[PDB]
S.K.: 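I am attaching a structure below and will ask some questions about it afterwards.
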2 protein chains.
Amino acid sequence: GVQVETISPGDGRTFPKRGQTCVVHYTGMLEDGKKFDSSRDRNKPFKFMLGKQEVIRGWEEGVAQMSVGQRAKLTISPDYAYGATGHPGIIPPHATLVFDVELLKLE
Amino acid sequence: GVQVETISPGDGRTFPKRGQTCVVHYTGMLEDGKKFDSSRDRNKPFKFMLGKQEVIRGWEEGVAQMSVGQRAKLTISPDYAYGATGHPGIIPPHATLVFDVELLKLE
Ligand SMILES: C=CC[C@@H]1/C=C(\C)C[C@H](C)C[C@H](OC)[C@H]2O[C@@](O)(C(=O)C(=O)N3CCCC[C@H]3C(=O)O[C@H](/C(C)=C/[C@@H]3CC[C@@H](O)[C@H](OC)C3)[C@H](C)[C@@H](O)CC1=O)[C@H](C)C[C@@H]2OC
Ligand SMILES: C=CC[C@@H]1/C=C(\C)C[C@H](C)C[C@H](OC)[C@H]2O[C@@](O)(C(=O)C(=O)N3CCCC[C@H]3C(=O)O[C@H](/C(C)=C/[C@@H]3CC[C@@H](O)[C@H](OC)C3)[C@H](C)[C@@H](O)CC1=O)[C@H](C)C[C@@H]2OC
């Protein structure tokens with residue numbers, strides 16, 4: 001599934017609802033910390049909506065547990081990410097992924 | 001994983017090697033037989049290579065067990081396909097997929 005470990009607390013009040021746009025900054029890394037992607041490096045937040053199969057399930061269920069302003073590490077098992085296939089040229093088969101996610105706002 | 005059940009036998013001699021192009025016709029369906037895609041409908045075989053994360057793992061391991069001319073049903077568990085996420089707008093979360101695959105040739 002997904003484990004959510006908090007780096008900095010959110011407002012403890014505003015949690016994402018299906019049909020809102022979540023605006024986040026993320027860094028994705030393998031379990032040993034190797035970075036494969038980050039929106040912080042592009043200086044451009046990533047936006048997505050819950051309920052539309054727009055993100056891997058680990059994100060759909062991890063970000064729904066965060067409130068605005070929170071920064072958390074989401075550790076996602078392979079079945080909630082790219083499974084036995086991986087993602088071509090970036091993520092190996094059976095990889096647990098770690099995302100450092102900051103939920104900046106909801107629109 | 002993947003289960004391979006044969007509809008028509010292949011030559012029992014020529015099995016796909018990494019670095020060959022497999023030329024196939026396929027029909028993909030959910031477990032109840034609902035069709036979501038077929039190359040047969042486009043009259044255009046699908047081609048791919050083993051060893052390059054070009055296909056879901058269930059195909060990488062299922063087609064490697066088929067010889068040329070064989071037609072088989074590959075039943076693939078979600079972790080060897082799209083897992084808990086599914087494929088946006090086409091495949092639901094946690095879906096076992098069934099592919100009717102004919103291995104036409106290797107190039
Ligand atoms: C339409 C095509 C381009 C479109 C691309 C963008 C909007 C740019 C957006 C910043 C993606 C990044 O581009 C630099 C890059 O992000 C990664 O590096 C990454 O960190 C990651 O894992 N992310 C991104 C952050 C949200 C979680 C997760 C995701 O959910 O990503 C989603 C993902 C790949 C889901 C697949 C969908 C197919 C399902 O079958 C499968 O289910 C198993 C899961 C992305 C958002 C797709 O919905 C949308 C796209 O693909 C991937 C390693 C590869 C991906 O490039 C493609
Ligand atoms: C570059 C972009 C376009 C590029 C599209 C084509 C060459 C056209 C090709 C006929 C695809 C079909 O287009 C009508 C259509 O085929 C399906 O309908 C389908 O029957 C299927 O399941 N197939 C196709 C037959 C081989 C097995 C499997 C697959 O392995 O498909 C692969 C797949 C989606 C793998 C993801 C890759 C990301 C990993 O993270 C994830 O790992 C969990 C698995 C396809 C071949 C990709 O490698 C290449 C592409 O995407 C999918 C339901 C959705 C897919 O449309 C996209």
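Just so it is clear: chains get the letters A, B, ... in the order the sequence lines come, proteins before strands, and each one is counted from 1. Keep in mind that the numbers below use all heavy atoms, side chains included, and drop hydrogens, waters and symmetry copies. For ligands, and for the atoms within them, numbers begin at 1 and follow the listed sequence. Per deposition record, X-ray crystallography, 1.7 Å.
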S.K.: Main binding partner of ligand 2 in this structure, as named by UniProt?
M.R.: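 The chief partner is Peptidyl-prolyl cis-trans isomerase FKBP1A.
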S.K.: Drug at ligand 2 - which one is it?
M.R.: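 It's tacrolimus.
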S.K.: In this structure, which other chains have a heavy atom at a distance under 4.0 Å from tacrolimus (ligand 2)?
M.R.: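 Going by heavy atoms, that would be A, B.
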S.K.: Which chain residues come within 4.0 Å of tacrolimus (ligand 2), judged by heavy atoms?
M.R.: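 Within 4.0 Å (heavy atoms), the residues are A/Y82, A/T85, A/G86, A/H87, A/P88, B/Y26, B/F36, B/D37, B/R42, B/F46, B/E54, B/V55, B/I56, B/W59, B/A81, B/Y82, B/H87, B/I91, B/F99.
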S.K.: Please write down residue, atom name and distance for the protein heavy atom closest to atom 19 (C) of tacrolimus (ligand 2).
M.R.: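 Ranking protein heavy atoms by distance from atom 19 (C) of tacrolimus (ligand 2), first comes B/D37 OD2, 3.7 Å.
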S.K.: Does any N or O atom in B/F46 lie less than 3.5 angstrom from one in tacrolimus (ligand 2), N or O only?
M.R.: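 Between B/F46 and tacrolimus (ligand 2) (N or O atoms, distance only) the closest approach is not under 3.5 Å.
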S.K.: Which other ligands or ions are positioned less than 4.0 Å from any atom of tacrolimus (ligand 2)?
M.R.: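 Found ligand 1 (tacrolimus).
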S.K.: Do you see a protein non-hydrogen atom under 4.0 Å from atom 48 (O) of tacrolimus (ligand 2)?
M.R.: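 Yes, because at least one protein heavy atom sits under 4.0 Å from atom 48 (O) of tacrolimus (ligand 2).
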S.K.: May I ask whether atom 8 (C) of tacrolimus (ligand 2) is less than 4.0 Å from at least one protein heavy atom?
M.R.: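 There is no protein heavy atom less than 4.0 Å from atom 8 (C) of tacrolimus (ligand 2).
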S.K.: Counting non-hydrogen protein atoms only, what is the nearest one to atom 41 (C) of tacrolimus (ligand 2)? Give residue, atom name and distance.
M.R.: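 Result for atom 41 (C) of tacrolimus (ligand 2): A/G86 O, 4.1 Å.
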S.K.: What protein heavy atom sits nearest atom 38 (C) of tacrolimus (ligand 2), and how far away is it?
M.R.: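 Ranking protein heavy atoms by distance from atom 38 (C) of tacrolimus (ligand 2), first comes A/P88 CD, 3.9 Å.
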S.K.: Any protein heavy-atom neighbour for atom 25 (C) of tacrolimus (ligand 2) (distance below 4.0 angstrom)?
M.R.: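 Within 4.0 Å: yes, protein heavy atom nearby.
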S.K.: Across chain B, in which UniProt domain are most residues that contact tacrolimus (ligand 2) found?
M.R.: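 Most contacts come from the UniProt domain PPIase FKBP-type.
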S.K.: Using protein heavy atoms only, decide if any is under 4.0 Å from atom 11 (C) of tacrolimus (ligand 2).
M.R.: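 Given the 4.0 Å cut-off, atom 11 (C) of tacrolimus (ligand 2) does not count as touching protein heavy atoms.
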S.K.: Any N/O of B/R42 closer than 3.5 Å to an N/O of tacrolimus (ligand 2)?
M.R.: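 Among all N and O atoms of B/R42, none is under 3.5 Å from an N or O of tacrolimus (ligand 2).
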S.K.: Just need the protein heavy atom nearest to atom 43 (C) of tacrolimus (ligand 2), so name the residue and atom and give the distance.
M.R.: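 Nearest protein contact, heavy atoms only, for atom 43 (C) of tacrolimus (ligand 2) is B/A81 O, 3.4 Å.
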S.K.: Check whether any protein heavy atom sits under 4.0 Å from atom 55 (C) of tacrolimus (ligand 2).
M.R.: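 Under 4.0 Å from atom 55 (C) of tacrolimus (ligand 2), zero protein heavy atoms found.
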S.K.: When you compare tacrolimus (ligand 2) with B/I56, is there at least one nitrogen or oxygen pair between them that comes in under 3.5 angstrom?
M.R.: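 Yes; at least one N/O pair falls below 3.5 Å.
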S.K.: Does B/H87, backbone or side chain, put an N or O under 3.5 Å from an N or O of tacrolimus (ligand 2)?
M.R.: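 Checking tacrolimus (ligand 2) against B/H87, no N or O pair falls under 3.5 Å apart.
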S.K.: Does the protein put a heavy atom less than 4.0 Å from atom 4 (C) of tacrolimus (ligand 2)?
M.R.: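 Protein heavy atom within 4.0 Å of atom 4 (C) of tacrolimus (ligand 2): absent.
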S.K.: For atom 51 (O) of tacrolimus (ligand 2), is the nearest protein heavy atom closer than 4.0 Å?
M.R.: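 Looking at atom 51 (O) of tacrolimus (ligand 2), one finds that no protein heavy atom lies closer than 4.0 Å.
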